[PDB]
**Student:** 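This structure holds methysergide. Let me ask you some things about it.
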Amino acid sequence: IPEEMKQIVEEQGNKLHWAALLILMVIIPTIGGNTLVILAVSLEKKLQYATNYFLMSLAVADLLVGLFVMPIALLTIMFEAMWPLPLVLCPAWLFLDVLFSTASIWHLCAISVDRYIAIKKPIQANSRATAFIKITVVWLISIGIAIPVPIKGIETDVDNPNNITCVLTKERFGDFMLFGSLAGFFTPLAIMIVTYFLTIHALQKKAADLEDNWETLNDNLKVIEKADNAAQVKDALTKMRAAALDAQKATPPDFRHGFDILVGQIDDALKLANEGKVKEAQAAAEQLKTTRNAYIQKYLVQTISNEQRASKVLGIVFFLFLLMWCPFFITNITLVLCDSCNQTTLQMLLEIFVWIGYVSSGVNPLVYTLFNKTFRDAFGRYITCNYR
Ligand SMILES: CC(C)CCC[C@@H](C)[C@H]1CC[C@H]2[C@@H]3CC=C4C[C@@H](O)CC[C@]4(C)[C@H]3CC[C@]12C
Ligand SMILES: CC[C@@H](CO)NC(=O)[C@@H]1C=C2c3cccc4c3c(cn4C)C[C@H]2N(C)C1
C-alpha cells in the first residue's frame with residue numbers, strides 16, 4: 001500500500017533536533033560536570049582523602065559514560081536502520097554501556113552503606129587501602145554483570161554480514177535482561193531502602209543516648225552539690241567522667257574538646273575528694289558548669305543537626321537518582337515478562353527512557369558535590385578558569 005510505504009518513509013525521518021537536544025542537555029553537562037569533580041579532587045589538596053577517592057571513582061565512571069557510550073548511542077538515533085560502525089564495536093559499546101551504567105548504581109549503594117556505618121561506628125575509622133578495596137570490588141561487580149553481553153555476542157548472518165543491527169533481543173538476551181536488571185538495579189535499590197530505615201533508627205538511637213548522658217551528667221552535679229559525705233563526690237564524679245567519655249565517643253576526632261577539659265577538671269576534683277577536702281572539691285564541681293555550658297550544650301545540638309541534615313540531603317539526592325532509572329528497568333523487566341504486550345512500542349519506550357537514566361547518572365556526582373562549600377568554590381574558580 002503506497003499510502004503506507006510513504007508513511008514509513010516518514011517514519012524514517014530526520015531526527016537531528018533530538019540529537020542536538022541530547023548533546024546540549026546531557027552529554028555536555030555530563031562530561032563537564034564530571035571533569036569538574038575530577039579536577040576538584042585532583043587539584044584541591046585539602047579535598048584529598050578516603051571518601052573523595054571513591055567519589056572520584058564514581059565521577060570517572062560517569063565521565064566514561066558521557067565520553068564513549070552516549071555519542072555512539074546518538075548515531076543509533078540518527079542511523080535508525082542499521083549499525084553503521086564495524087562489527088566488533090557493537091559488543092564493545094554494549095559491554096561498556098552496561099558496565100558503566102551498573103558501576104554508577106553500585107557506587108551509590110556502597111556510598112550509602114558507608115555513610116550509614118559512619119553514623120553507627122564513628123570511632124572505627126577508613127584508610128586509603130579500604131577505599132581501594134571498595135573501588136576494586138564495585139568495579140568487579142559491574143564487570144561481572146556486564147560480561148554476558150560480549151561473551152554471547154550479537155547474531156550474525158552468513159548471507160548479510162553487514163546488517164548487524166545492535167539490540168538486546170528478547171529471544172537471545174531475555175534471561176540477561178531479567179537477572180541482569182535484578183542484580184544490577186533492584187538489589188542495590190533494596191539495599192539502599194534497608195540502609196535508609198536503618199539510618200533513621202541509628203540517628204534516633206544516637207540522639208537519645210546523648211540526652212541520657214546530658215541529664216546523667218547534670219543530675220550527678222546536683223548530687224555533688226547536696227553531698228554532705230566525702231565518698232559520694234568520688235562516685236558522682238566517677239559517673240560524670242564516664243558519662244562525659246561516653247558522650248565524647250559519639251563523634252570522630254570544636255566543642256568536642258570541651259569534654260577533654262571537663263574530664264580533666266573532674267579528675268582534679270576527685271583528687272581533692274581522694275584527699276578528703278569535700279568542701280573544696282564541691283566548690284570546683286560547682287564550676288564544672290562553666291565548661292558544661294560553653295561547650296557540651298552547643299556540642300549536643302551540633303552533632304544531631306549535622307548528621308540529620310547530611311543524611312537527609314544524601315537520601316533525597318540518591319532517591320532522585322534511583323527514581324529516574326525506574327522506567328528503563330520496569331520496561332526492560334516487563335518486556336521479558338509479557339507475551340501479551342506489543343514488543344515494538346515497548347522497544348521505543350526503552351529507546352526513550354535510556355536517556356532519562358543517562359542524564360540521571362551523568363549529573364549525579366556534580367549534584368551531590370554541590371552541597372559542599374569547598375567543592376562549590378573550587379568549581380567557581382574552575383568555571384572562571386582561575387585554577388591555582
Ligand atoms: C562535540 C559535542 C559532544 C560537544 C563537545 C563536548 C566537549 C568538547 C566540551 C563540552 C563541555 C566542555 C567543558 C565544559 C567545562 C569545562 C571546565 C573548564 O574548567 C575546563 C574545560 C571544560 C572541561 C570544557 C571542555 C570542553 C567540553 C568538554
Ligand atoms: C534501548 C537501546 C538498547 C539496545 O539493546 N540498549 C540497552 O538496552 C542497554 C542495556 C542496559 C542494560 C540491560 C540489562 C541490564 C543492565 C543494563 C544496564 C544496566 N544493567 C544492570 C544499562 C542498560 N543500558 C543503559 C542500555
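Here, residue 1 is the first one in the sequence, and each next residue gets the next number. Numbering of ligands and ligand atoms starts at 1, following listing order. When reading the values below, keep in mind they use all heavy atoms of this one structure, side chains included, and skip hydrogens, waters and symmetry mates. Structure method, as recorded: X-ray crystallography, 3.1 Å.
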**Student:** Which parts of this structure should be attributed to methysergide?
**Tutor:**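 In this structure, ligand 2.
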**Student:** Could you peek at this structure and say which chain has the most contacts with methysergide? A name from UniProt would do.
**Tutor:**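 Per UniProt, the chief partner is 5-hydroxytryptamine receptor 2B.
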**Student:** By UniProt's count from the N terminus, which transmembrane segments of chain A have non-hydrogen atoms under 4.0 Å from methysergide?
**Tutor:**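 Counting from the N terminus per UniProt, segments 3, 5, 6, 7 have a heavy atom in range.
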**Student:** Quick sanity check - which UniProt ergotamine-binding residues of chain A lie within 4.0 Å of methysergide on heavy atoms?
**Tutor:**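 From UniProt's list, the heavy-atom cut-off leaves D97, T102, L168.
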**Student:** Which residues are in the binding site of methysergide, using 4.0 Å as the heavy-atom cut-off?
**Tutor:**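 Within 4.0 Å on heavy atoms: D97, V98, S101, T102, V167, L168, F176, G180, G184, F328, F329, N332, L350, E351, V354, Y358.
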